Peer 1: 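A structure from the PDB, with 19-nortestosterone included.
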Amino acid sequence: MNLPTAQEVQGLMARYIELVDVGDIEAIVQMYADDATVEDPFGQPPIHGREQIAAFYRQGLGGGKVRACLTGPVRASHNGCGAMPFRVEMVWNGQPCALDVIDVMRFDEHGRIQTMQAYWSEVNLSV
Amino acid sequence: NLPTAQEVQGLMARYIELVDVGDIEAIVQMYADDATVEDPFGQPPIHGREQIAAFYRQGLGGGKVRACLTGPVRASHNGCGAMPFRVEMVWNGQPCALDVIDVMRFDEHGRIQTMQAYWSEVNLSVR
Ligand SMILES: C[C@]12CC[C@H]3[C@@H](CCC4=CC(=O)CC[C@@H]43)[C@@H]1CC[C@@H]2O
């Protein structure tokens with residue numbers, strides 16, 4: 001496909017969350033442009049390219065069992081960008097917990113994620 | 001006074017309350033002199049306090065517009081944050097709701113440097 005329409009952005013970002021929930025790092029990486037940037041959490045040095053994005057997320061969604069679900073609709077623009085609210089449930093000190101996140105994504109003219117920012121900090125972690 | 005993550009949470013929630021009340025001059029006072037507003041994200045940025053003032057005056061011109069958070073503010077440690085909320089208004093003679101995510105960057109004075117409002121007609125619904 002091409003630069004995603006607003007409806008297409010909603011579908012792509014919803015699919016992304018489904019991939020996080022099942023832990024399919026390979027499929028997440030293929031959603032990214034080969035030269036994408038990830039800032040997760042926003043404020044940390046950017047991660048650059050599919051190899052480093054794969055390595056980074058195999059530390060997480062491979063090491064432990066994690067879940068994720070949208071907590072509201074995907075907001076989508078007409079320039080191939082969108083933003084979504086979601087919640088991640090995981091193990092914290094041998095104790096389940098919840099993290100509230102918003103990802104902002106910009107897609108390229110091939111329908112792949114060019115940039116992603118994940119807004120969250122410990123203020124968004126609850127036990 | 002580069003807002004901490006907890007201070008960003010308070011600043012962004014305070015902004016939604018000012019929108020809900022509709023105090024346009026109180027809203028504009030939150031922005032820095034050289035701030036930009038992109039709303040909806042994808043449209044050319046607005047800059048200059050009075051242009052920002054006129055923009056809010058046209059949207060909240062009374063004009064029964066309501067706004068409320070629909071999730072917690074996500075906040076970073078570099079003075080930025082993102083929040084999901086819901087706008088209630090009347091359009092086409094129909095009571096409507098609009099789901100939005102705002103992304104904001106604050107300056108070292110605690111004032112809004114950049115605002116980006118993610119939404120489009122895919123986020124419109126009748127109530
Ligand atoms: C202008 C408007 C009311 C104010 C909203 C705007 C959507 C974006 C938004 C985001 C803010 O941060 C301020 C309030 C406006 C609506 C789109 C249509 C509606 O009338």
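Residue numbers start from 1 in every chain, and the chains themselves are labelled A, B, ... in the order their sequence lines are given, proteins ahead of strands. Remember, it's 1-based here, ligands and their atoms both numbered in the order they're listed.
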Peer 1: Quick one: what's 19-nortestosterone bound to in this structure? I mean the chain with the most contacts, named like UniProt names it.
Peer 2: Steroid Delta-isomerase
Peer 1: Within the structure, which other chains come under 4.0 Å from 19-nortestosterone at some heavy atom?
Peer 2: B
Peer 1: Among all protein heavy atoms, pick the one closest to atom 1 (C) of 19-nortestosterone and tell me residue, atom and distance.
Peer 2: B:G59 CA, 3.8 Å
Peer 1: Are any of the heavy atoms in B:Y15 under 4.0 Å away from 19-nortestosterone?
Peer 2: yes
Peer 1: Relative to 19-nortestosterone, which UniProt active-site residue of chain B is closest, and what is the heavy-atom distance rounded to 1 Å?
Peer 2: B:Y15, 3 Å
Peer 1: Which UniProt-listed substrate-binding residues of chain B does 19-nortestosterone come within less than 4.0 Å of, going by heavy atoms?
Peer 2: B:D102
Peer 1: For 19-nortestosterone, which atoms sit closer than 4.0 Å to a heavy atom of B:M115?
Peer 2: 12 (O)
Peer 1: Any atoms of 19-nortestosterone less than 4.0 Å from a non-hydrogen atom of B:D39? List them with their elements.
Peer 2: 8 (C), 9 (C), 10 (C), 11 (C)
Peer 1: To the nearest 0.1 Å, how far is atom 4 (C) of 19-nortestosterone from its closest protein heavy atom, and which atom is that?
Peer 2: B:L60 CD2, 4.1 Å
Peer 1: Verify the contact flag for atom 9 (C) of 19-nortestosterone, where contact means a protein heavy atom under 4.0 Å away.
Peer 2: yes
Peer 1: Which residue from B:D99, B:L98, B:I101, B:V87 reaches closest to atom 7 (C) of 19-nortestosterone through any of its heavy atoms?
Peer 2: B:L98
Peer 1: When you measure from atom 20 (O) of 19-nortestosterone to every protein heavy atom, which one gives the shortest distance, and what is it?
Peer 2: B:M89 CG, 4.2 Å
Peer 1: Nearest protein heavy-atom contact for atom 14 (C) of 19-nortestosterone: which residue, which atom, what distance?
Peer 2: B:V19 CG1, 4.2 Å
Peer 1: Please work out, at 4.0 Å between heavy atoms, whether the side chain, the backbone, both, or neither of B:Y118 comes within that distance of 19-nortestosterone.
Peer 2: neither
Peer 1: Between B:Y56 and 19-nortestosterone, is there a nitrogen or oxygen pair with a distance under 3.5 Å?
Peer 2: no
Peer 1: Between B:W91 and 19-nortestosterone, which part of the residue brings a heavy atom under 4.0 Å of the ligand: side chain, backbone, both or neither?
Peer 2: neither
Peer 1: What is the residue list for the binding site of 19-nortestosterone, using non-hydrogen contacts under 4.0 Å?
Peer 2: B:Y15, B:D39, B:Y56, B:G59, B:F85, B:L98, B:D102, B:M115, B:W119
